[PDB]
Student: 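Sharing a structure: VRC01 in complex with CH848 DE3 SOSIP gp120.
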Amino acid sequence: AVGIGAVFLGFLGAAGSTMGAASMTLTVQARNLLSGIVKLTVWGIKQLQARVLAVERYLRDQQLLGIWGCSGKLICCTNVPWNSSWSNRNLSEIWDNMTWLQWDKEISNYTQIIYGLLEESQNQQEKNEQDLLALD
Amino acid sequence: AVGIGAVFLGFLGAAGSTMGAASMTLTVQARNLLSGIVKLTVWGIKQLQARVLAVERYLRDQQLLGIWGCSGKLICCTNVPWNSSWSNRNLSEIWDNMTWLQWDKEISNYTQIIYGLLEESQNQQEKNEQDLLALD
Amino acid sequence: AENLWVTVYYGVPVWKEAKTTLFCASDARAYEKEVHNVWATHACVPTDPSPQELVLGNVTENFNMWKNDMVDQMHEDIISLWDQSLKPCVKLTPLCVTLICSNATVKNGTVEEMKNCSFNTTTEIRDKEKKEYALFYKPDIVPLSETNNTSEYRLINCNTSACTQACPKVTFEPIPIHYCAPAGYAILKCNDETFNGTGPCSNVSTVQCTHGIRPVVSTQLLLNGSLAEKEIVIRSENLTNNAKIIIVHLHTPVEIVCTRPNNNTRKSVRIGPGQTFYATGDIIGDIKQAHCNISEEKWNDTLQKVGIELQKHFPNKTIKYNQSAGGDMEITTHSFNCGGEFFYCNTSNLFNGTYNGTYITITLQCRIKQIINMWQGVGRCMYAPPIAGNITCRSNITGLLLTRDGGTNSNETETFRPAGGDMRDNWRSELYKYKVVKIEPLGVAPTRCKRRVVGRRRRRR
Amino acid sequence: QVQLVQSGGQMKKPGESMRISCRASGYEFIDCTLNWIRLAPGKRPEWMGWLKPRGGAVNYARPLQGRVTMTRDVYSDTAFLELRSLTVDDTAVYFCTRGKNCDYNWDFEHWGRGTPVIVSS
Amino acid sequence: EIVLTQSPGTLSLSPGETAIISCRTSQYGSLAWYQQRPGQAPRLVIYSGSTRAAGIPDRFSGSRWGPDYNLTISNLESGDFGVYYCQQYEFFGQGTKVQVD
């Protein structure tokens with residue numbers, strides 16, 4: 001939805017909206033994943049059980065962006081050509097139809113394979129991080 | 001070894017190899033440091049004791065990159081001239097022989113001193129963050 | 001087709017199935033009273049004015065109440081919360097003495113329910129003992145074997161397990177308790193009022209926390225529950241399977257009034273140095289026996305409405321109700337707690353007669369126990385101390401628990417009987433709308449972008 | 001190692017009652033339903049009510065609902081079947097069974113030895 | 001009207017050949033089959049329709065034709081002869097006796 005202040009329960013209705021329109025207001029999830037709502041008894045230990053996993057899940061997602069070269073960017077292009085075997089090369093006609101919740105089932109098996117290629121994009125940078133240009 | 005798909009126990013043979021070969025596949029360590037392989041009893045509390053320190057050490061490392069201007073970059077050049085007192089000015093010839101495990105023994109005393117210069121290097125930039133140019 | 005290249009989007013709104021421990025939050029300022037409660041934590045403090053909701057358009061999600069992961073999360077944590085509050089309270093080991101019991105006489109009369117038992121109890125000093133007496137207001141004290149004497153009795157704890165008092169400080173209350181999933185996880189909710197317990201739901205909405213679920217404990221009848229929206233709903237795993245439990249939801253309640261009209265007095269017995277035992281000392285009023293009142297017309301209408309709704313699944317078979325089959329006192333009688341007293345009501349007429357559903361004051365005698373083996377079956381023995389004065393209750397029945405007799409009945413008839421004994425099926429009738437799904441920003445999605453040229457920045461695309 | 005130890009063969013007259021036992025061992029707690037089945041020779045198998053040993057809830061099945069009564073003993077991990085008013089037709093083998101797993105009990109994978117009951121006029 | 005009907009009443013076989021037993025049902029529900037030699041507790045053979053029981057040999061198989069169900073046993077050795085019972089949700093079939101020649 002247009003407008004990004006909003007609430008986490010103000011944008012998540014994009015889960016059924018078009019996959020193209022859902023790309024707007026993408027920052028609210030990045031805000032919400034941090035802390036959210038959260039003698040010794042059950043709830044006291046739960047505030048250490050759940051809180052620590054919420055942090056560690058966030059760190060696991062961010063460091064993947066850092067390695068891939070997409071640090072700090074919600075949207076991010078990457079130098080990898082889209083293999084037609086993963087999906088047909090016509091999603092530009094289709095993200096107006098599919099929602100993000102529906103796109104995932106297209107690439108369930110291929111997601112872990114694709115992360116290798118995004119890393120391989122970085123070795124096109126890591127190869128070009130020792131040779132010539134930094135004399136500039 | 002060269003390659004990035006690999007395993008954390010796929011690249012650490014570079015612990016003996018040259019620093020040049022070790023400089024590639026520098027991302028696999030950055031992946032492993034995050035989570036790795038991790039009624040109430042001993043192991044239950046150990047999963048809270050060890051896990052929180054694993055997160056804590058990672059933040060302290062990314063804390064220094066975020067200040068030195070090397071945020072999100074595995075390799076990173078910095079505006080500090082290498083003083084010959086720390087080491088001879090011919091390592092470019094030598095690091096085809098030494099491994100990183102052997103290089104650390106040379107800069108063991110000087111590492112905390114050098115971090116001051118890298119901090120000073122950023123504050124050649126930070127001294128230049130108020131005066132003139134960025135009227136734009 | 002078009003030339004497309006990989007892109008990264010994370011921050012994306014998509015989720016996956018998962019299960020995790022859930023924080024609790026109590027409604028209003030009840031967290032300030034909750035510190036002195038059991039069936040309530042110490043305490044479930046909210047941080048924001050929960051609950052809040054957003055409707056998700058075009059979203060359909062698969063629900064299932066019988067494989068639900070939240071019900072196991074609550075039951076395994078309520079019973080853990082239950083014995084924590086009971087742990088520091090006085091144990092009743094020193095009361096297992098050869099009780100000498102006789103008729104409990106009262107002012108110009110005698111009470112049939114209970115026995116006047118006397119025993120030797122230790123004073124402050126351990127080498128001296130004194131005679132003491134108390135009216136254990138249940139006849140459920142086992143006579144002692146290996147003797148022809150009929151006047152020697154014994155407290156039923158010590159045959160199997162020693163018991164602990166419920167301290168007077170803590171109060172048994174069904175305080176509404178919300179559950180809030182931690183950050184990174186979102187609780188869905190199915191607004192489809194016609195949901196029968198499983199299958200797709202096409203009116204999903206997300207919430208910060210669940211509604212004000214209260215942890216009431218009872219058998220054969222669900223009290224103070226959340227009513228159905230439109231009409232009566234019947235929910236079971238598979239109605240053809242005569243096992244399982246046929247949880248019923250009423251869309252309008254029937255008020256049940258229960259009372260303990262005797263005027264009892266609490267008495268303090270000094271069993272040890274600091275350890276104190278509370279027992280009913282005497283009756284200071286006329287005796288009238290416990291009972292409950294339920295409207296004849298309103299309940300009779302409920303079986304007529306429920307009967308036709310069942311007959312939709314069981315076509316052309318007349319629905320018959322009947323008395324409970326058997327079991328302990330906890331499940332063969334409608335059991336519940338109210339005001340610190342544990343009733344066990346006979347259901348004198350909440351079973352009887354054919355009710356076809358085609359349209360072609362009920363008084364329940366109730367027993368009371370002090371020692372209770374907790375409802376999950378083999379748990380802690382708890383001695384509930386007496387409550388002085390009269391007790392009166394008013395509660396809304398909202399759902400019935402049933403089970404069916406099979407198989408070779410007459411083909412035009414079917415018999416239904418009450419059920420109970422498992423606390424999870426009480427809470428599974430209220431905690432059925434929800435799911436817990438972990439929010440996973442996904443993998444990639446292609447775009448018409450192009451390979452970045454030498455680390456340069458870029459606007460649109 | 002969950003198995004059901006059952007006892008024992010006996011003879012009876014018409015009219016008098018009868019009681020059979022069944023113990024569940026190799027099993028952490030009796031938490032799951034426990035059936036009873038009549039394998040009469042020359043007749044189809046007949047089924048008798050399950051027993052949920054947790055709460056003791058019971059569901060007597062056939063026209064035996066006026067005769068059969070079933071109990072249990074949690075602290076001995078034992079279940080009992082008791083049948084009143086033995087007719088001449090009640091001669092059969094009585095099997096104490098359990099399902100394959102506690103989620104669905106109608107696939108009786110575990111059976112007892114079998115307790116033959118004979119009624120002689 | 002809930003009845004399970006097994007047919008034929010009895011099978012006479014030379015040991016080592018194939019044999020078939022059916023179980024027609026009048027209601028929607030899962031199915032299972034049992035094997036009883038004289039003087040033992042019946043075994044569990046298959047359940048949930050066609051899936052085989054744990055540790056049972058591979059000679060046994062079944063197919064859900066619809067309201068009719070069929071069991072086919074291939075190359076029956078002498079040890080596997082007995083009496084076969086059908087089952088749904090309680091309701092048992094009349095029993096089919098598999099016998100040697």
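Proteins get letters first, then strands, A, B, ... in listed order; numbering begins at 1 in each. These values consider heavy atoms only, across backbone and side chains, with no hydrogens, waters or symmetry-generated copies. Portion of entry displayed, and contacts counted within that portion, nowhere else. This entry, so its header tells us, was determined using electron microscopy, 3.9 Å.
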Student: Map VRC01 onto the structure by ligand number or chain letter.
Tutor: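 The answer, copies included, is chains D and E.
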Student: Quick one: what other chains come closer than 4.5 Å to VRC01 (chains D and E), going by heavy atoms?
Tutor: C
Student: When heavy-atom pairs are counted at distances below 4.5 Å, which chain of VRC01 (chains D and E) pairs most often with chain C?
Tutor: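 The heavy-atom pair count is highest for chain D.
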